[PDB]
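What follows is a set of notes on a single structure, which appears directly below.
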Number of protein chains: 2
Amino acid sequence: XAXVXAXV
Amino acid sequence: XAXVXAXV
DNA sequence: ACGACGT
DNA sequence: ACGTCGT
Ligand SMILES: *C(=O)c1cnc2ccccc2n1
Ligand SMILES: *C(=O)c1cnc2ccccc2n1
Ligand SMILES: *C(=O)c1cnc2ccccc2n1
Ligand SMILES: *C(=O)c1cnc2ccccc2n1
Ligand SMILES: [Mg+2]
Ligand SMILES: [Mg+2]
Ligand SMILES: [Mn+2]
């Protein structure tokens, strides 16, 4: 849920 | 019902 | 009744 | 280095 690199 | 990973 | 990620 | 959900 975080998007720091993916942002699922 | 939400789809944040599944979206049922 | 439903599970996922990459720069 | 980063965590989330409601019909
Ligand atoms: C988002 O909050 C979150 C938490 N855990 C995960 C695990 C695997 C893929 C994506 C994810 N996203
Ligand atoms: C984004 O591509 C990515 C990959 N690995 C991680 C590890 C820990 C926190 C965030 C990350 N983001
Ligand atoms: C969607 O709103 C919702 C709420 N609760 C659930 C529980 C189990 C599976 C799917 C669900 N979807
Ligand atoms: C999606 O794959 C997934 C898995 N676990 C969760 C927990 C809480 C909110 C959203 C979620 N999404
Ligand atoms: Mg990875
Ligand atoms: Mg709920
Ligand atoms: Mn986590």
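To find a chain, count down the sequence lines: A is the first, B the second, and so on, and within it residues start at 1. Modified residues are written as the parent amino acid, or X, and their further atoms are left out when contacts are counted. Determined by X-ray crystallography, 1.6 Å, according to the entry header.
Looking at chain A, the drug among ristocetin, lanreotide, echinomycin is echinomycin.
Name assigned to chain A in the entry: echinomycin.
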